[PDB]
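Bromodomain-containing protein 4, liganded with I-BET762.
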Amino acid sequence: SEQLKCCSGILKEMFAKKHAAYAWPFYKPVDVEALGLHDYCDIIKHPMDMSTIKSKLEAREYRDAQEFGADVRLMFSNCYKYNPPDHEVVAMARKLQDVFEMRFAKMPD
Ligand SMILES: CCNC(=O)C[C@@H]1N=C(c2ccc(Cl)cc2)c2cc(OC)ccc2-n2c(C)nnc21
(Lines of atoms letter the chains of each structure in order from A and count residues from 1; the text may use other names and numbers.)
(Lines give C-alpha, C1' and ligand atoms only; values in the text may rest on other atoms or scores of the structure.)
Protein backbone atom coordinates (compact mmCIF):
# COMPACT_ATOMS: atom_id res chain seq x y z
CA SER A 1 0.00 0.00 0.00
CA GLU A 2 2.68 2.48 1.07
CA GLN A 3 4.70 1.68 -2.05
CA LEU A 4 1.63 2.17 -4.24
CA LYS A 5 1.18 5.70 -2.88
CA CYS A 6 4.72 6.54 -3.99
CA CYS A 7 3.82 5.65 -7.57
CA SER A 8 1.34 8.53 -7.59
CA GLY A 9 4.07 10.97 -6.61
CA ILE A 10 6.50 9.83 -9.29
CA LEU A 11 3.83 10.03 -11.98
CA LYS A 12 2.61 13.38 -10.66
CA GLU A 13 6.08 14.88 -11.11
CA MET A 14 6.27 13.68 -14.71
CA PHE A 15 3.12 15.71 -15.36
CA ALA A 16 4.58 18.77 -13.63
CA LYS A 17 5.71 21.73 -15.73
CA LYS A 18 9.29 20.82 -14.82
CA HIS A 19 9.36 17.92 -17.29
CA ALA A 20 6.31 18.95 -19.32
CA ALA A 21 8.82 20.38 -21.79
CA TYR A 22 9.66 16.85 -22.93
CA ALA A 23 6.89 14.91 -21.20
CA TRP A 24 3.89 16.55 -22.86
CA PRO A 25 3.96 14.01 -25.73
CA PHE A 26 3.16 11.33 -23.15
CA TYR A 27 0.23 13.12 -21.51
CA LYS A 28 -2.68 11.72 -23.52
CA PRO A 29 -3.07 8.47 -25.50
CA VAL A 30 -1.84 8.51 -29.09
CA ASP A 31 -4.83 9.15 -31.36
CA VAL A 32 -4.28 6.99 -34.44
CA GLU A 33 -7.27 8.84 -35.91
CA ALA A 34 -6.55 12.44 -34.89
CA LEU A 35 -2.80 12.11 -35.40
CA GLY A 36 -3.43 10.20 -38.61
CA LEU A 37 -1.40 7.12 -37.71
CA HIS A 38 -2.80 4.33 -39.89
CA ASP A 39 0.14 2.13 -38.89
CA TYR A 40 0.21 2.50 -35.10
CA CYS A 41 -2.29 -0.27 -34.37
CA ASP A 42 -0.44 -2.71 -36.62
CA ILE A 43 2.85 -2.06 -34.82
CA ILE A 44 1.64 -1.30 -31.29
CA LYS A 45 -0.76 -3.89 -29.87
CA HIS A 46 -0.62 -2.86 -26.21
CA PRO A 47 -0.59 0.97 -26.12
CA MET A 48 -0.32 3.02 -22.93
CA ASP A 49 -0.04 6.61 -21.69
CA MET A 50 0.49 8.64 -18.52
CA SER A 51 -3.19 9.62 -18.37
CA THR A 52 -4.21 5.96 -18.50
CA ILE A 53 -1.69 4.86 -15.87
CA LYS A 54 -3.00 7.60 -13.58
CA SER A 55 -6.59 6.39 -13.94
CA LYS A 56 -5.55 2.80 -13.23
CA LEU A 57 -3.90 3.89 -9.98
CA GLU A 58 -7.04 5.72 -8.87
CA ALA A 59 -9.11 2.58 -9.40
CA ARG A 60 -6.51 0.55 -7.50
CA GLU A 61 -5.93 -1.58 -10.60
CA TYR A 62 -2.24 -2.12 -9.88
CA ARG A 63 -1.45 -4.83 -7.32
CA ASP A 64 2.15 -3.86 -6.58
CA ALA A 65 4.66 -1.15 -7.50
CA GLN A 66 6.33 -3.51 -9.97
CA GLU A 67 3.17 -3.65 -12.07
CA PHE A 68 3.05 0.15 -12.14
CA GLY A 69 6.50 0.23 -13.70
CA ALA A 70 5.60 -2.33 -16.35
CA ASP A 71 3.09 0.10 -17.84
CA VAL A 72 5.44 3.08 -17.58
CA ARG A 73 8.18 1.23 -19.45
CA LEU A 74 5.71 -0.18 -21.97
CA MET A 75 4.67 3.36 -22.89
CA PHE A 76 8.26 4.18 -23.83
CA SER A 77 8.86 0.88 -25.62
CA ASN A 78 5.94 1.53 -27.97
CA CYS A 79 7.51 4.88 -28.85
CA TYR A 80 10.95 3.43 -29.53
CA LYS A 81 9.35 0.69 -31.62
CA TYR A 82 6.94 2.88 -33.59
CA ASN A 83 9.05 6.01 -34.11
CA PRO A 84 12.64 5.79 -35.40
CA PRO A 85 15.76 6.08 -33.20
CA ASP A 86 16.66 9.38 -34.86
CA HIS A 87 13.28 10.85 -33.93
CA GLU A 88 12.95 13.88 -31.65
CA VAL A 89 10.16 12.24 -29.65
CA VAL A 90 12.68 9.53 -28.78
CA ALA A 91 15.09 12.01 -27.20
CA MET A 92 12.25 13.33 -25.03
CA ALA A 93 11.21 9.83 -23.99
CA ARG A 94 14.70 9.01 -22.71
CA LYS A 95 14.63 12.16 -20.58
CA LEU A 96 11.32 11.28 -18.91
CA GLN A 97 12.37 7.64 -18.54
CA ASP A 98 15.54 8.62 -16.68
CA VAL A 99 13.46 10.70 -14.26
CA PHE A 100 11.10 7.78 -13.63
CA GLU A 101 13.84 5.16 -13.36
CA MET A 102 15.70 7.28 -10.81
CA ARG A 103 12.66 8.09 -8.68
CA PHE A 104 11.33 4.53 -8.99
CA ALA A 105 14.67 3.19 -7.75
CA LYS A 106 15.10 5.89 -5.11
CA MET A 107 11.68 4.89 -3.80
CA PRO A 108 11.70 4.02 -0.07
CA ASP A 109 11.48 0.31 0.71
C1 LIG B 1 5.76 11.54 -36.50
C2 LIG B 1 5.24 10.33 -37.29
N3 LIG B 1 3.84 10.02 -36.92
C4 LIG B 1 3.39 10.17 -35.66
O5 LIG B 1 2.33 10.74 -35.37
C6 LIG B 1 4.32 9.65 -34.52
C7 LIG B 1 3.92 10.44 -33.26
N8 LIG B 1 4.47 11.82 -33.37
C9 LIG B 1 4.07 12.87 -32.64
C10 LIG B 1 4.70 14.09 -32.93
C11 LIG B 1 5.78 14.54 -32.15
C12 LIG B 1 6.40 15.77 -32.43
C13 LIG B 1 5.93 16.56 -33.47
CL14 LIG B 1 6.68 18.09 -33.85
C15 LIG B 1 4.87 16.12 -34.24
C16 LIG B 1 4.27 14.90 -33.97
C17 LIG B 1 3.16 12.70 -31.58
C18 LIG B 1 2.26 13.75 -31.41
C19 LIG B 1 1.31 13.71 -30.40
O20 LIG B 1 0.47 14.79 -30.32
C21 LIG B 1 -0.95 14.54 -30.39
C22 LIG B 1 1.26 12.60 -29.54
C23 LIG B 1 2.15 11.55 -29.70
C24 LIG B 1 3.13 11.59 -30.72
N25 LIG B 1 3.96 10.51 -30.81
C26 LIG B 1 4.61 9.78 -29.87
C27 LIG B 1 4.51 10.02 -28.35
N28 LIG B 1 5.33 8.80 -30.44
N29 LIG B 1 5.15 8.93 -31.78
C30 LIG B 1 4.33 9.97 -31.99
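Numbers here are sequence positions counted from 1. Looking at the header, which is where the method is noted, we find solution NMR. Ligands are counted one by one from 1 in listed order, and the atoms in each one are counted from 1 as well.
- Of the residues of chain A in contact with I-BET762, the majority fall within UniProt domain Bromo 2.
- Neighbouring residues of I-BET762 under 4.0 Å (non-hydrogen atoms) are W24, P25, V30, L35, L37, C79, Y82, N83, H87, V89.
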